[PDB]
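Below is one structure; the comments refer to it alone.
Lettering of chains follows the sequences in order, A, B, ..., and the numbering in each one begins at 1. Each ligand, and each atom within it, is numbered from 1 in the order the structure gives.
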Amino acid sequence: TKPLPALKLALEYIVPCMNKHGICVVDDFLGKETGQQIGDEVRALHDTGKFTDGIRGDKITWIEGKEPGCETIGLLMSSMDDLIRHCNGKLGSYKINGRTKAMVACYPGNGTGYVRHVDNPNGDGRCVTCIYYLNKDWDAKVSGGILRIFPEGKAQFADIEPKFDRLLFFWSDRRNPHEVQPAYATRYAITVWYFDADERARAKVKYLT
Amino acid sequence: XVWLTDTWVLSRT
Ligand SMILES: O=C(O)CNC(=O)c1nc(Cl)c2ccccc2c1O
Ligand SMILES: [Mn+2]
């Protein structure tokens, strides 16, 4: 098929979807070839021992995007950035002016997960969580690993399967407590957090290491 | 090309 253009995707789906639900899923974000390439790069990082442990049995590594062997991860990151730019400050009241590096995370099966939590509960400036899933042929029925979100104000929770080539946005603050349910296969995800300029400048969190 | 607005999933292709 022909993928929806980035600008149209942002203005006619992501913006309205986020503002209505605070959660937004875009399936088939970059296509099979690019998705599998990202997977090859992440599996290379895992196989070369770049991951280190990060309530949760996750292993993580941070990717700037320019490192040799992470070109396709860099493309993913620039694509996320293009989507955020296209949103043209229509994501709630946020003035988005920065982001973290990419957090590559692995739950190495065997029932590993992440207990229910809020990404940013202390006002540290992160307003949007952006996650890309790269797990080829992942089936929650077999391997679990669902991301369960408990949107505030709603009785029903939202179950997000970590599907291959799947992009997810959600509000990082207390509106969206969430948990990674136990994973029974190797589960890879790439997360970027985007910052609201003013909240971040408030410096509610001071890092000393 | 169709978004069911009561849901939060759409396929780009
Ligand atoms: O992977 C998912 O589907 C959802 N992941 C998370 O919500 C998540 N959140 C945080 Cl804050 C951390 C933080 C550190 C390491 C892994 C995390 C993680 O997987
Ligand atoms: Mn989280």
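- Tallying contacts with ligand 1, the largest count belongs to the chain named in the PDB entry as Egl nine homolog 1.
- In this structure, of SQ109, FG-2216, 4-aminopyridine, CX516, BIIB021, the molecule at ligand 1 is FG-2216.
- The chains other than those of the drug that have a heavy atom under 4.0 Å from FG-2216 (ligand 1) are A.
- Defined by non-hydrogen atoms within 4.0 Å, the binding site of FG-2216 (ligand 1) is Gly54(A), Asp58(A), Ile60(A), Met103(A), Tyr107(A), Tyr114(A), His117(A), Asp119(A), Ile131(A), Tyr133(A), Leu147(A), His178(A), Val180(A), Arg187(A).
- Residue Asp58(A) has no nitrogen or oxygen atom sitting less than 3.5 Å from a nitrogen or oxygen atom of FG-2216 (ligand 1), judged on distance alone.
- The overlap between the UniProt 2-oxoglutarate-binding residues of chain A and the residues with a heavy atom under 4.0 Å from FG-2216 (ligand 1) is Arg187(A).
- Most residues around FG-2216 (ligand 1) in chain A come from the UniProt domain Fe2OG dioxygenase.
- Short contacts between FG-2216 (ligand 1) and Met103(A), defined as distances under 4.0 Å to a heavy atom of the residue, involve ligand atoms 14 (C), 15 (C), 16 (C), 17 (C).
- Judged by heavy-atom distance, the UniProt Fe cation-binding residues in chain A that approach FG-2216 (ligand 1) within 4.0 Å amount to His117(A), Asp119(A), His178(A).
- Distance cut-off 4.0 Å; other ligands and ions near FG-2216 (ligand 1): ligand 2 (manganese (II) ion).
- Residue-to-ligand polar distances keep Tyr114(A) apart from FG-2216 (ligand 1): every N/O pair is separated by 3.5 Å or more.
- Checked by distance only, FG-2216 (ligand 1) and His117(A) come closer than 3.5 Å through their nitrogen or oxygen atoms.
- The organism reported in the entry as the source of chain A is Homo sapiens.
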